[PDB]
Structure formats: C-alpha cells, structure tokens
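Novobiocin:Microtubule-associated proteins 1A/1B light chain 3A complex.
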Amino acid sequence: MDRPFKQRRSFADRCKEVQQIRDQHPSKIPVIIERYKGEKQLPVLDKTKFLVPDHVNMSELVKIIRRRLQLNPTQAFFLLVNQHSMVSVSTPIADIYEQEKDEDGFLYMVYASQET
Ligand SMILES: CO[C@@H]1[C@@H](OC(N)=O)[C@@H](O)[C@H](Oc2ccc3c(O)c(NC(=O)c4ccc(O)c(CC=C(C)C)c4)c(=O)oc3c2C)OC1(C)C
C-alpha cells in the first residue's frame, strides 16, 4: 500500500523474509527504498522492495534509481542510507550491508530532493 514498509510488516515477518531471501537469492542484498515523508518534488517510485546484486556500488545505485524515477536533467536527487548521501560511495553494497543494515536484515534507503 502507501504506508511505509515497517508499518505494514511486523519485525518478525520482515526477519523471516530476509532469511527466505538468504536461502533463495544468496548473492543479493534485500533493500527497502522509500520516498522521504515530507518530499514534495520527487515522485513515488513504482515499488519499494528490491534485491540488489551485492557487487553493485552504492554510487551506481544512485544513478540507477535516478533513471528509474524519470526525472528531468536538473532535478535534485539524493539517496540516503542512515542519513548519509550515497552519491560518492563507490563501494559494493555487500561491504556496507553489514554495517548499515536494519536489525530486521533489510537495508533501508530514503530518497529526497534535499539532504539534511
Ligand atoms: C520473499 O522473496 C520475494 C520473492 O519470492 C520468492 N519465492 O522468490 C518474490 O516474491 C519477489 O522476488 C524478487 C523481487 C525483486 C527482485 C529484484 O528487485 C531484483 N534485482 C535485479 O534484478 C537488479 C539487477 C541489477 C541492479 O543494479 C539492481 C538495482 C536496481 C535499483 C534498486 C532500482 C537490481 C532481483 O534479481 O530479483 C528480485 C526477485 C527475485 O520478491 C521477494 C524477493 C521479496
């Protein structure tokens, strides 16, 4: 629906789903990508739950998500993980998953037209 993921799924069920994904997609990182609650410029992505092959750099994900949003060339766009902008993080998602993942095992990201 429209409510954020953590509002729709219990912590238990989210954990259980991450365990399922470890069995069924071992090389992928499970991620939740959501629009900032107070965002007024950027549109809402078609979907919010993704798997990411774990070699993809965070910096590349910024470019991929920006393409998916179909913005104009000048629109501001920031992808935030635990409030940090990912635009210059040329590090595989595998290597930041363990430091930045939620207790439920998903890696959460927020996009917005401003950083702070
Ligand atoms: C509980 O798992 C479910 C799946 O259930 C089962 N039995 O497999 C199924 O219901 C659905 O399956 C999905 C759902 C989403 C993706 C998915 O989003 C994938 N990602 C890519 O193909 C991909 C490849 C390259 C790349 O740079 C990016 C990043 C894309 C950005 C975030 C827009 C993504 C993928 O490989 O597999 C996916 C699969 C198998 O969603 C899950 C994982 C929650």
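The PDB entry numbering applies to chain A: residues 7-122, in that order. All ligand and atom numbering here is 1-based and tracks the order in the structure. Just so it is clear, the values below take in all heavy atoms, side chains as well, and ignore hydrogens, waters and symmetry mates.
The shortest N or O to N or O distance between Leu57 and novobiocin (ligand 1) is below 3.5 Å. In terms of polar-atom proximity, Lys55 is not counted as a contact of novobiocin (ligand 1), lacking any N or O under 3.5 Å from an N or O of the ligand. On a distance-only criterion, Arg74 and novobiocin (ligand 1) share no N/O pair closer than 3.5 Å.
Residue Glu23 has no nitrogen or oxygen atom sitting less than 3.5 Å from a nitrogen or oxygen atom of novobiocin (ligand 1), judged on distance alone.
By the criterion of a heavy-atom distance under 4.0 Å, neither the backbone nor the side chain of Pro36 is placed next to novobiocin (ligand 1). Heavy-atom contacts of novobiocin (ligand 1) within 4.0 Å involve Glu23, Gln26, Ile27, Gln30, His31, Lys34, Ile39, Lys53, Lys55, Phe56, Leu57, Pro59, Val62, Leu67, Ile70, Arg74.
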